[PDB]
Structures are given as structure tokens and as C-alpha cells.
Amino acid sequence: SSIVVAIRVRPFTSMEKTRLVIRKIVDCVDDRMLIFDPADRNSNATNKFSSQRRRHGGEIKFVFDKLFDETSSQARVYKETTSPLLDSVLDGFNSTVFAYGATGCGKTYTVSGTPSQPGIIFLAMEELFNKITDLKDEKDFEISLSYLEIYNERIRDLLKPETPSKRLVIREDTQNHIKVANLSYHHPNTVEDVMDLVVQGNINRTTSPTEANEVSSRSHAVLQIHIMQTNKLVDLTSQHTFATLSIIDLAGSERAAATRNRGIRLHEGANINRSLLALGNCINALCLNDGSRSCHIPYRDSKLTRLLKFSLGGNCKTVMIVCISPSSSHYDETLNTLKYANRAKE
Amino acid sequence: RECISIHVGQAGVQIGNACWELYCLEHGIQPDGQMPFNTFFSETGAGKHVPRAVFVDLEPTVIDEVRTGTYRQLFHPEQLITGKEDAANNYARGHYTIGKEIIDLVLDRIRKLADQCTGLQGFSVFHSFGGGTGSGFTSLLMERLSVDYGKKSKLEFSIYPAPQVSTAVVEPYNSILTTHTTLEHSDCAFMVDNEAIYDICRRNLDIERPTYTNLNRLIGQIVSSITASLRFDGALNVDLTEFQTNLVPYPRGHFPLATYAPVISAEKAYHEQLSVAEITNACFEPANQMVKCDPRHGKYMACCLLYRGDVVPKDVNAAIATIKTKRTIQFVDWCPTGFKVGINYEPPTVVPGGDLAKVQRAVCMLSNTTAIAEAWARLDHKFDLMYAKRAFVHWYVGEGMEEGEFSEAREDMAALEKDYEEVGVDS
Amino acid sequence: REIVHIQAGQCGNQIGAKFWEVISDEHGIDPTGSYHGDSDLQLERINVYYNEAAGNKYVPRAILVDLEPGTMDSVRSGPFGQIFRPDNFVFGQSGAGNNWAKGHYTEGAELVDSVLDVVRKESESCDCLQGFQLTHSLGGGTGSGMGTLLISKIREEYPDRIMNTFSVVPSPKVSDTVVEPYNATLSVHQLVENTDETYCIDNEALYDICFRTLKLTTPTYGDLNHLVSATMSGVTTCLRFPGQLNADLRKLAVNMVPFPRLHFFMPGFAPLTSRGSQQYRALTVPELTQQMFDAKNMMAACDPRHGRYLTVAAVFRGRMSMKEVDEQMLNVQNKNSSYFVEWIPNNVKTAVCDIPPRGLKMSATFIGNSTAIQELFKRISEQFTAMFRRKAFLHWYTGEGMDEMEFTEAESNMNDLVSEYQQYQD
Amino acid sequence: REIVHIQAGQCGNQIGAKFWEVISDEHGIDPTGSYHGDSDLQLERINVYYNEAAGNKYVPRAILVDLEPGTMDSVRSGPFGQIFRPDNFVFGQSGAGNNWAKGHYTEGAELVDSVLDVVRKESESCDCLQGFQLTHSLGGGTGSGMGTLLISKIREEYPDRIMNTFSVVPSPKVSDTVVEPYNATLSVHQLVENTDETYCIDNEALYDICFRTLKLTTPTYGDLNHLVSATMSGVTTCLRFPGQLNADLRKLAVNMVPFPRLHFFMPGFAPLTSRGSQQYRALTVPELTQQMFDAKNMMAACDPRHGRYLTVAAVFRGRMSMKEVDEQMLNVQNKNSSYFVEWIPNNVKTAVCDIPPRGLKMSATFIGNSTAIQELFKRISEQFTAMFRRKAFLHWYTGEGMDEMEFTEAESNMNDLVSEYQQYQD
Ligand SMILES: CC(=O)O[C@H]1C(=O)[C@@]2(C)[C@H]([C@H](OC(=O)c3ccccc3)[C@]3(O)C[C@H](OC(=O)[C@H](O)[C@@H](NC(=O)c4ccccc4)c4ccccc4)C(C)=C1C3(C)C)[C@]1(OC(C)=O)CO[C@@H]1C[C@@H]2O
Ligand SMILES: CC(=O)O[C@H]1C(=O)[C@@]2(C)[C@H]([C@H](OC(=O)c3ccccc3)[C@]3(O)C[C@H](OC(=O)[C@H](O)[C@@H](NC(=O)c4ccccc4)c4ccccc4)C(C)=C1C3(C)C)[C@]1(OC(C)=O)CO[C@@H]1C[C@@H]2O
Ligand SMILES: Nc1nc2c(ncn2[C@@H]2O[C@H](COP(=O)(O)OP(=O)(O)OP(=O)(O)O)[C@@H](O)[C@H]2O)c(=O)[nH]1
Ligand SMILES: Nc1ncnc2c1ncn2[C@@H]1O[C@H](COP(=O)(O)OP(=O)(O)NP(=O)(O)O)[C@@H](O)[C@H]1O
Ligand SMILES: Nc1nc2c(ncn2[C@@H]2O[C@H](COP(=O)(O)OP(=O)(O)O)[C@@H](O)[C@H]2O)c(=O)[nH]1
Ligand SMILES: Nc1nc2c(ncn2[C@@H]2O[C@H](COP(=O)(O)OP(=O)(O)O)[C@@H](O)[C@H]2O)c(=O)[nH]1
Ligand SMILES: [Mg+2]
Ligand SMILES: [Mg+2]
């Protein structure tokens, strides 16, 4: 039913440690309790009297469902939040995993990271596969994998770009079955091959060649696990249902206008922000209309919102994930995306 | 003692047309610049003095009207900056994708003017809140200009999104986004309501059918009294920074209302007998406010009265004493006084082909008040409503304008409103 | 700047032919392409719609697309055979025959490149391309098939330019085909996704207007197209000369689309009066707005008063008081506060141009984004459904390689459109 | 200010046609609508009855309502076909045929909106609407049916404006229908409740006047309507130019209705004399009042001297002494103190306008609120009763959905009217 908002940061490195003269803007003071630093005691003005400032002088309190920080390992952050989403998939309805942030804020790293650590996809398969081999003696497992990229409002076959985007059509059933046209579907034979396909996908993703993040994915992607288990026993109720798990990825969004934002950078940047808007529209409509009686949700704003037509909105559960920067170089971006998450929460 | 004028979109340009017409009339300057003043016109050895002005429009249209119409010979071609594709009522496009493509040129032209200008006092920007080429571009420019000239005075004469009626439906957005730039970078801003003016035209000028032509002429006439008036050498030459000294009590509150109290028809010019007290009294009547605001529901923070033509200080002082005696209008309790006086010797400017009949004296009022703050509440409601539905939001998101920026813009506006509340209440 | 005008199908071609008559007259252009106008402003933005060829021959920035040779012949044989450029006449194999799949999917698809090459040639003759205007029917087959076909192709080339179209909508009581719902449904399915603004015009509505207001004994297609052309001009007339308030396709979109997808508009035109009744006209802004906000003068069949106004554009022509206009706008919104959508503060966007239509002292044009239009979509959807439930005529599209899934998907997506308009109506 | 003039039915249309002849002549307006008068005061209040269309074409602020095409045709074919506006000609399905229910309840009801739309259009062209004037018969069927139908509708729109009507009353000895009582009774039932002032004119009375005083060999309807039009003008003539004492429909009502419901008036006109006897006229205020208070010159059939005067309005035209007038008013009330209702101190309201009717040196018009008028209601009620007791002709209204209850209720309510006039008579 209700969604869960969870949050975590990259870290600060020698690039931030070298910058001794700076005040942090992120301070998680407790579980689920984020304080936006630092107020305003600046030596670049006055502020030596009873404050008449709007917020430059106070601190902004953000409260979430599961706020984490650099202290908490992704091995727990992920499972704490998604271990039930994976179980939710097998409770008669589907589920899905979200992400959020500006370019360079740890998407790509947090989904996996350096090839020796756990992450969203790795732990998804690690946990599931263990459950599969433990429960292999009870149920039959027919699980398939769907791969997808969104770039310039175009759906691309993440693993085989050789197929034209015209061959990918996003539909859904009245049974909430995922109806996507000709796509290179695969199976989770082992996490090694799964992750190899994920890497192949990440290679195929169309990226930025501009900013310091120049690997900079610059495209959305969705990896969907379609689980069709069946019964090994014969009885009056032997009708095992199916369900899926969507792994949602985003391009990343820079400040409204970058210093070299020209041509295709403007074009895709718009397409990214429009896609993010579409999500915001659907999420806000969903939550507010869950508070109300009638739920008209604008799933036609983006192909992603069509893709998430039921993954985000049906009788199901999901976790919102937001990547946070403690640097004042991301002051506006981080603050605004924090407010976004809070609005999504409510 | 010199200054630079800036005009954006269509409105800023059309208003500029009226202003530069007035200045020509005042100095006897012809349409080709020929004189048969140096603070508005760069001295030319041939006698063809040229306006210290920058004209910007991302769709040359209105500038082409200037280029092909009268005073195409007056203005320098280098000053007539135009784009190819307009911002189209989108602050974000004017702020970024479109505006940024010419802002470099604009700043370069300004630099040239500033390098020519010796004693630069400051700038005078004419813009709106409706269009993006006015609203968004100005936001961009003011930031850039502020960086280059942190020590120079920046005046902004804006056309306030009228509360009753407007022409674009996405104005609230462009207006609220502008606010946090103007409040940040400007030194003094003016807000003018077209509808309040049209009402003035009906009541005072007796005009049943008023348009931008006459409306702009009134606005320009005010600016002449604010600025050019000083440059004619009067009894009390109140500096532009001297205005700020006395009008502005805080780091913020840069929102004076500019009224003109000799508004009069040709018929009335015969029957009506005006004088210092009569005209001065008229400017405190909630009718010639030039904005949808009723002073009687707030307090006066400061009030500069600028006189032209046949006036004497004795009568001015007496009129003010009468006002303070009247006590109908309220003043800020912790502001002992709030009256300042500027006085010219040169008469009021007359526009051949205008309506504002010739008078022997004139009064302008530059007043800071807490009453005007109420106008922003009306805008807040308009914004909040459309914002709640995210109506038209995709036009700004399509640029890349962060949704959170809209919420931030509101909070800054709300802060401004709060400040005025505190001014009136505290003592 | 410059705008490309593409005509698709007989309907679109006939409308366009009348359109180019109108604006060529507006800009003082004779049947040789020579300029003999009396104003200078006629040449101020002549580049918008005309190439200036050697000898000052002004050549329609337009592409003529059809699959039925003969209609194209009638164009060449008409008064503008000396006006339109010969390499802009694109036609080949015989027409779809009201077969959308032939127009879009197969036979028409074969000739796409022959159009797009001309598109490129036109684009590279421009100093700044603003967008495209497509004129076509929404049920014809070729006009509706090639229409959305080319729209998709053009957006792929110019994703950041404005896609405008004037579409003739299947009218309740004015027909000429029994697969009008199939063609319309298949068309609109792709139309929405790839269009920035679209205008919905009913022949039935025009049939009513051309008698109710113009009292025409024999309203012909040339008269209905004439009504359309008047509004087509008005949409972009602001771009071609001076005015108190400028306007633009982009400006309109910015003030006319509040929700990305809801970009369907009803068009109208001011002074509508018969030649014997013109002597009783006041010719005032009040009078004009009475007509502009009269449901009976709307060129969409659906009567606006069954829905609400999300946003309205009122573009005026000629010398007038800005206050006078503003007053009338206020009076209108005060008069029918129940009709206007309360979520918008000022429901009406205005613009005023300095030049009335030659021969008129003062005019205007009306663009309405009403929620009422959903009812036209409903009606068509119902007709589509009734046939589709029996797979009626389906084999005509099956033989072209079209499956059932497309048809069910289109209808599902048509329902979304209606639902969205209903979402934003009380 | 402005006043709307609505004509209903052939009778009302013929009277109105003559009326508009008269006042157009009064205000110097020719058969094109152009002004060629010699005074400036003719244009001082021309707005009251005319729209000023482009070219200075003055257009009757009037609505022409009928259900019998042909009468409307005769209007268009007459001298004022170039005067009246074409969209004010409202007609459709054939007429009631003296069937009140067809006029009000059914067939006429279907076309109400086509009138009211014009009403609104007229209203919004006004600077200040004062009220409405309806011209019709009280027995015709359509004129009496559509009459009260529209009166109800109009008051619902403009409950605070003045509802004035000039109604031709069923005359004892001048007929042309046997259901004249049915139509009159059904009409007046709704008339009273929704009317602020009404004038009762008998064709029989006019037939007497037009011979007894005017000595006409062949008094035609055009001559009887002419008499009516003279008084119609007088009622509002005070609003259209300067005078020593102004007057108004409201002013009259304030001084003419003492008891809400008793707003039925008898009309009269001063100098009534044949063209061979005009040379013997004195043309003095005395002379005028002798005629004005002459029972034989009253345009209602009932002779005032069988009742009493609740209140009288005497509106004079042209240069005259105010004292002279006042003296005559005093002399009259002194002369017939038994006729005037003693409950009122000054029984006569006066007004004096500076401009006589073109061609007259001095004139006047008379409006009487007498109790005698009750006798006309009695007579009609008796005729109604006699028929109703046998349910005569009832099936003509039964077939339209009219029950007996309406008829009994109407008569009961008609009795109340008479009773009230009798209450206030000795
Ligand atoms: C003597 C005189 O004043 O004649 C008028 C006239 O009588 C009326 C009735 C015109 C006339 O229009 C029609 O009868 C008509 C016929 C078919 C479809 C639609 C309309 C007129 O034909 C149309 C013509 O319109 C124009 O000239 C505009 O510039 C118009 N032009 C065309 O449509 C056009 C026609 C033929 C060839 C080329 C262009 C226009 C409008 C909008 C944008 C661009 C151009 C006008 C004023 C008139 C006549 C000539 C009788 C009216 O229409 C227009 C569009 O103005 C109909 O109601 C208006 C009111 C006008 O007063
Ligand atoms: C040479 C001369 O003086 O001729 C007079 C004339 O002989 C007399 C007899 C006129 C004449 O009126 C009639 O014979 C008459 C015919 C049908 C119905 C009613 C009356 C006259 O026709 C009528 C005409 O009235 C007017 O001019 C008023 O302005 C009058 N106009 C009209 O009724 C009218 C007639 C035709 C076309 C347009 C208007 C009026 C009265 C009240 C309010 C507005 C206008 C006048 C003085 C005369 C003639 C011409 C013989 C009299 O009537 C009026 C209304 O003035 C009849 O008794 C009076 C006394 C007049 O002296
Ligand atoms: N006072 C005054 N206001 C004007 C005038 N012209 C336009 N405006 C107002 O300015 C608003 C739009 O401002 P602009 O920035 O000039 O619009 P623009 O020049 O077309 O720029 P864009 O709309 O962004 O393309 C309109 O809604 C009007 O209300 C004018 O001449 N005088
Ligand atoms: N938690 C972290 N610890 C160490 N390094 C990090 C962490 N998060 C991100 N990085 C590094 O920052 C660079 C990554 O940016 P990521 O790749 O994290 O950006 P992104 O969000 O995918 N940018 P974009 O694709 O434009 O939206 C990588 O090389 C990471 O190693
Ligand atoms: N407005 C308008 N519509 C037309 C005209 N002629 C045809 N139509 C409509 O367009 C449809 C046919 O479109 P058409 O251009 O013939 O498509 P095609 O047959 O595939 O080439 C018909 O159903 C008509 O309703 C016209 O002159 N004007
Ligand atoms: N005063 C006057 N009364 C008329 C005239 N013509 C008809 N009438 C009366 O009006 C009645 C008929 O009304 P009419 O307009 O025909 O109503 P309709 O038949 O329903 O349209 C008749 O009984 C006449 O007494 C006329 O020219 N003048
Ligand atoms: Mg990445
Ligand atoms: Mg602009």
C-alpha cells in the first residue's frame, strides 16, 4: 500500500578533505532524521542580531521512513528496505526499486560499485538465488529478465541495441502483466552472467562526454525480474500466480543550466527532466490520491510511467532511494531533491 | 553624474520609446540625435548626441519597429541587440537557453558604455514580469551586471502583473521567479500596474479608450521627474543614492511607489487652478497610486516628494505640515519623519500629441509603504493555485528549471511580505 | 523566422490552397508570385511563408503531399499552379482509398523519403526554422495516414521544433466513409504522442456556422475551407507584422497547454455576419467577444458549454484600446465563472496586432482549450468500438500487416485522453 | 439609459410598426436609419431606442416575435425592412391559431430561447437597461401566449427592471374569436403577477374615438394603431428630451400604483380633432385638459365615470405655464371631487416636457388609474364563465396539456383583481 522513502550518501573524499575551509550541509542526527546544515553564521555579511532571514539562519528538518548515511553498509541498507520488496513480489503482487540524484551522485556506483562489493542488483540476485535453491524443492522456478534503457524518450534494448526502438512497445495487462514487444529477454542462470549482462547494458547506455562525470550514464534504465513459479503438487487450488520486480534507474540531472549546456545536451537534459517530472507527477498524484478516494494518475506523461503503470500505483509496495551529497557545491541540488523525496513521502 | 538605460522584451522597449522621446523634447534633441544632457546622451562632435541605452529583444520585432520607425537615426545600431527565437513567456528560457546566447554581447555593449561614461551613477532597467524575455532575461542580466558593477546603483522599473487583469496566464510563475533576483541584486525597484494606470486615464485624463501609448507616456513622465529632473539643476538636487539614503531604512524594502499628481485633461487645465498644496494633497489620495494598492490600510515608511517648475519651499513645507496634521494616513511609529523634498526650477515636460495638459508645476512621489506588500499575497494565491496543479510546469522543466526553485522563489517572496508586516507592527 | 507548411490529402490540399490564396492576398502577392502590395510590413515577414526567388518571385514555403494524382493536377491547373514550386509536388502510386494502413504503414511509407528530401531542402533555405504546420483530414486515409507518418518522421529530424496541425475531425452527421473511426483512431494514437498543438475542426460545425451566421444558400467545401483558412492565418498572423502584444506558436503553447498532453484546441473567428447584416454591425471589441465566446461560432462540433475552459487565447486584429479589450476579458470570465476552470487565475491569454484583415476595420480569432472536446473523442470511440467488436472492415488493415493489438492499444490510449480531460473537469 | 421594445403577435407587430414610424419621425430618422433631423436634442437620448451602428445607422432596440411567418414578411417588405435588424426577426413554426396554450405552454415555449438570446444581446449593447416594453393583444393566442411567456422569462432575468406592456383588450362589440375570454383569462392570470405596469386599450373605444372626434369615414387598423402609438410615445417621451418636470416609467409607477397589484391603466391623448375642425381649436392648456378628462376620449372601453380615480398622470408637451397647468389640475379635481378618490390628496401627477409633437404647438397624454376598469374584467369573466360552465372549446387546450384547474384558478384570481378595485371604490 503505502510507499517507503529511504536515503543515503556517497562519501567525502580527499577532494573534500583538502577543502578544510567549508561547512557541511548534510548532517544525519538520527535514524530517519536529517538536519540540513548549517544555517547562517557567515563572515561574508552581518547576521549579529535577531534573525529576519527566511531560512538562512535556521536548519531544515527532513524526516523519512528509513534515512541512512555513509556509516550504514549497503548490505544492510538494501536488504533492510528491499528484502521485503522481494518477498512482496511473492505475496501475490509485484514490486519495484527506485533511485534519485544529480549527475555524479553515486548511481551506477550504488547499484553495484567497484567490482568487489555488494549493491542493488548483486544483492537482489544473491538473496533471491539463495531463496531459489532453498525453495527449489518446494516450487518450480521459471524466472526471466527484462532489460530496458530510456534515452531521448526512446526505449532501447539495453543488451541488443541492434534492434530498432520501434520494436519496443510498453503495454500492461488488466492482470498487471508486463507487455513489452520484441526484446532480448534472458534468464538468471547465475549472478555472474546476470551482472555480465548488466555491464553489457551499462556499456550500451548512451552517455555524456562533457562533465567530470564523463562516464556519466546520462540515461534511464529498468531491469525487471519476472517470476513465474509453479506448483509441484496437484490439488484443488493448484494455480500458482506470477509477479515481477522492477529495478528503476535514472539518467541523473545537473543544475537547470550548465556552463556548456548546448545542442544535444539541452535536448537530452530536457528529456531527462521531463521524465523526472513525469515520475514526480505520478508519485505525487498516487500518494495524494491514496489520501483521497479517486486515483487519476498521469501515466502517459512518460514511457517510464507507462512502464511503471502498475509497478508504481497498483496494490503493491516500493522503496524510494535518494542519493545525497554533503557538499555545499550541491547545496541547491541536494536540498531540492531532499524536498522532492519528502513531497513523495507525503 | 551619468547613467545607463536598459530595455528588454517588448514592454521595456515601448516604455523606452516614451522615455527617450521625453528626453529629446527636454533637450531639444532631434530624431537623428542632432541638438539645435550628457547623462543621457553621449556627446557627439557632429552634434548628434546618442542615447546611453541598451535594447534587448530575443525577437527583433519591436526593435525592428524602432529600426524602421522614428529615432532609428537617434539610437546607435550597436545598441539594438536582438535574438532570433523569442523566450515566449518563459522565465527559464529567457534566463537560460535563449537569453544566455546574447548576454555576452549585452554585457560587452554595457562595458563599452561604462568605459565611455566617466561619473557613472547607476542603471535604469525597464522590464515586465509577464514575458520571459523581460522577466527571465532581466534576471540573468541583473546578476551579471551586479557582479561587474557592485558599486553602481541599479534601478528597476517593472510592470507589475496586475491583480485584476493580465494578458498571459503563466505570469505568476515568471513574476515569482523574478522576485528573488530583484530583491537580491537591485538597489531600488518600482512596481507599476497597467490597470491602475488605465483607471487613472479614465478618472483624471477622462479617457474612455486608453492604450499602451498614453500609458507608457505617463510612466516615462514619472521617470523624467525622478532622474532627468535632477540633471537640470534645481533648488534641491537630491541624488539617486540620496533617494536611497532616505527612502530605504533596511537592507531590503526596495519597493517605492511612484505617483504623479498633476494628471490633468486639457479641459481641466482651464478650469482647474492647481498649486503646491493642491497637487501635493492629490498624491496622497488612494487613486493616483499607479498600482492596485490602498495606502490607508498600511503605513508610510518613507516619502520623497519631487517638485518641478513654479514651486517654493515654504508652501511645500506647509503642505507637508498639513498632511501630518491630517493624520488620516498612518506612518511608521518608529520613523519620526518620512518626508523628503526635491525641487527643480525647470517646468514639467509636455508631449506634443499627448494628453497630459501643460502645467506650471509638478509633483512626483516616491513612497515606501507596508500597504503594497498586500499585492504580493494576491500573486501568491495565483501562484499557489497553478503551482498546486503544476499547470504549465513542463514548460519550465523542459528548460530544466528545478521544481524546488519555484518553492524557493515563493519562500523569498513570503520573507519579503513578512518583513513589511514586522515594520508596521514593531515599535 | 520561417515556418514550413505541409499539406496532406485532398482535404488538406483544398484547405491549404484556400489558405495560400488568403495569405498571398494578405501580403500583396499576385498569381505570378510578384509583390504588388501597398504596405511595407507585408515584406517585413514575407520570409515566414515565402522563398524569395530571383526576380522577386515569392514561393510558398510549402510541401504538397498526396497519393492520388489528379488532385495534385487540379492544384497545378488552379490559379496557384504559377505559385507553388514544381518540386514540392509529391505524389506517386494511387491513393489509400480510406485505408490508413496504406497511407501510413505501407504504400505511403514507400514515398516518405521523397517528402523528407524536400523538407530538408526547405529547411536549409531558412534562416531560422520555427516549426511545421500540417493540414489534413482525420479519417481520409492518406491525409490521416501520411499525416501521422510524416509527423513522426519530421519530429525525429526536428524534435525541438513546433509541430502544429489543423485536423478535420469526423463529424457526427457529416460523413463519406464507414471506416472514419478506424482511420481517426489509428491516426490520433500517433498524433498525440508526436504533436505540440492540434486544432479540431468539424465540417458539421462549419456547415452550421456558414448558414446560421453567414446565411449561405449553397455552402460548398470552398466556403468551409475558407472559414478554416481565416483561423489558420490568425494563428500565425501575429508573427508577420507589428502589434501591441505579440504572439507565437510557442507563446500560445506556453499559455495554452497546462498539461503536456491536452493540446487539442477549438478554433473560432470573429466578425461572422451575412453581407446583408454587415450594415447592422457595431464593429466594437464587446461585439467581437460576444461572437468569440459564442458556442455557436465554434468550429468544433462539440458545444463548449458542456465542459470547461482550461485556457483561452484571444488574438485581436487592428487598432483598439488595450483597456477596452482587458475589460471585456474580465466581463467574460465574470459572466461565466462556472465555465472557466478555476485552477487558472487569468483564464484568457490575449494578443493584439496592429493590422486587421484587409477590408475589415477590426477582427479577431479564438483558440479554446476546453474540456468539452472529450465528447468528440467519446463519440468516435463508440463508433470505433461498435465496429471493432465485430472486427468489421478489419481485413482491409490486416492485409496491410496491421494486427488487432494496434487497434486495442489505440483505443485504450484514446480513452486515456478523454479521461484526462474529464479529470480536469467538474 | 435604454429601453427594450418587444413586439408579440400580428396585432402587436402592426402597432409597433406604426410606433417605430412615429418615433423615428420624431427623432429625425429616415428609412435607411440615417439621422437627418434639425434638432440636437433628437440625438440627446436617441440611444434609448436605437443602437448606433457603424455609419451612424440607428437600429431599433426592439425584438420582433411572431409564430406566423408572413406577418413577419410584411414587416420586412414594409418601409422599415431597412430599419429593423434581421436577427431581431424571430419566427418559426406556424402560429397558435388563437390557442393560448400553443402560444405560451407548448409550441411557443419551444422558441423562447431564440428570443431570450436576442434579449441578452440587446442587454449587453446597453449602458443602462431601464426596462422592457411589450406590445401585444390580449386574446390573440400567440401575442397573448408568447406575451406572458416572455414576460415571465424576462423578469426571471431582470427581476429589478421595469416590465411595461401595452395590451389590446377584448372589446364587448369588436371581436374576431370566440375564445377571446379563454385566451384573455389565461393571459391576465400570469400578466398581473409578473407585470409592473400595463395599459388597457380597446379597439371598440378607438373605433368610437376615431369617428366621434376624428370623423374618419373608414377607420382602419392603421388608424387605430396610430392612436395607440401616440400614447405609447407619450409614456416615455419625457425620457428623450428636456422638460420643466421630468418623468419616467419608474416615476409613473411610483405615483400611479398605490396598491402593488392595481397597475392597470387607461390611456388617452390630447388634441383629438378632425382636420376641418382644427381651425376652431384654441390650443390652450384648459382646452387640452377638457379633452384629457373627457370620458369619451379614453382608449379603454369602460367609461371612467362609473368608477373613481385612484391616481392620474397628466404629461404635457411643449412650452406652457406651470401655473396655468396647476390651475387646471385644481379646477378638475374641484369640478369632480366625487370622481377622484378622496384617500389621495393630490390625485393628479403632472409632468411637462419642453417639446411638443412635431407639427403640434402643444399636446399631452393621459394615464388614468381608475376603479372603473374592473367592469371590463367583469364582462370578460362573465363570457369566460358562460363558456367554461360547458367546458366549451376546452379540448383545444386539453390537447396541449392544459387542465381545468388552471382555468378555475385563473378566474378565481381574476375575481380577486376586480374585488380589489371594488374595495377601493365607493
Ligand atoms: C464590402 C465588405 O466589407 O465586404 C466584406 C463582407 O461583406 C463580410 C460579410 C466578409 C465576407 O466573407 C464571406 O462572405 C465568407 C465567405 C466564405 C467563408 C467565410 C466567409 C467577404 O467575402 C470576405 C472579406 O474578408 C477580407 O477581405 C479579409 O481580409 C479576409 N479575406 C478572405 O477571407 C479572402 C477572401 C477571398 C480571397 C482572399 C482572401 C481574411 C480574414 C482573416 C484572415 C485573412 C484574410 C470581407 C471583409 C468582405 C467580403 C469580400 C464580402 C465576412 O468574412 C470575413 C472572413 O471577413 C463574413 O462575415 C465577415 C464580415 C464581413 O463584413
Ligand atoms: C396641418 C396640420 O397641422 O395637420 C395636423 C392635423 O390636422 C391634426 C388634425 C392631427 C392629424 O392626425 C390624424 O388625423 C390622426 C390619424 C390617425 C390616428 C390618429 C390621428 C395628423 O395626421 C397628425 C400630425 O401629428 C404630428 O405631426 C405629431 O407629431 C404626431 N405624429 C404622428 O402621429 C405621425 C403621423 C404620420 C407619420 C409619423 C408620425 C405625434 C403625436 C404624438 C407623439 C408623436 C407623434 C398633425 C399635427 C397633423 C396631421 C399631419 C394632419 C391630429 O392627431 C395628432 C396625433 O396630432 C388628429 O387630431 C390631431 C390635431 C391635429 O391638428
Ligand atoms: N506598461 C506596459 N506594459 C506592457 C506593454 N507592452 C506589454 N506590456 C506588458 O508586458 C507583458 C509581457 O511583457 P514582455 O516581456 O514585454 O513580453 P515580450 O516582449 O513579448 O517578451 P516575451 O513575451 O517573453 O516574448 C504583457 O503581458 C503586458 O501586460 C507596454 O507597452 N506598456
Ligand atoms: N559511495 C561512494 N564511494 C566512493 N566513490 C563513489 C561513491 N559514490 C560515487 N562514487 C564515485 O563517483 C564516480 C561516480 O559517479 P556515479 O558514477 O556515482 O555518478 P552517476 O550518478 O552514475 N552520474 P550520472 O550517470 O551522470 O547520473 C564513480 O567513479 C564512483 O566511484
Ligand atoms: N474541410 C474539408 N473536408 C473535406 C473536404 N473534402 C473532403 N473532406 C473530408 O476529408 C475526408 C477525405 O479525406 P481525403 O483528403 O480524400 O483523404 P484521402 O481520400 O485518403 O486522399 C472526407 O471524409 C471529408 O470529410 C474539403 O474540401 N474540406
Ligand atoms: N389594435 C389592433 N388590434 C388588432 C389588430 N389586428 C388584430 N387585432 C386584434 O388582435 C387579435 C388577434 O391577435 P393576433 O396578433 O392575430 O394573435 P395571433 O393570431 O395568435 O398571432 C384580434 O382578435 C384583434 O382584436 C390591429 O391592427 N390593431
Ligand atoms: Mg551513471
Ligand atoms: Mg517577447
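Read the sequence lines top to bottom; their chains are A, B, and onward. We number chain A the way the PDB entry does; in order, the residues shown are 9-29, 86-106, 134-437. Chain B residue numbers are taken from the PDB entry; in order, the displayed residues are 2-37, 49-439. Following the PDB entry, chain C residues are numbered 2-44, 47-360, 369-437, in order. Going by the PDB entry, the residues shown for chain D are 2-44, 47-360, 369-437, listed in order. Worth knowing before you read on, the calculation uses all heavy atoms, side chains too, and leaves out hydrogens, waters and symmetry mates. We count ligands from 1, going down the list as the structure has it; atoms in each ligand are counted the same way. Portion of entry displayed, and contacts counted within that portion, nowhere else.
- For ligand 1, the correct option among voxilaprevir, Taxol, mithramycin is Taxol.
- The chain sharing the greatest contact count with Taxol (ligand 1) is, according to the PDB entry, Tubulin beta chain.
- Chains touching Taxol (ligand 1) with a heavy atom below 4.0 Å, listed by letter, come to C.
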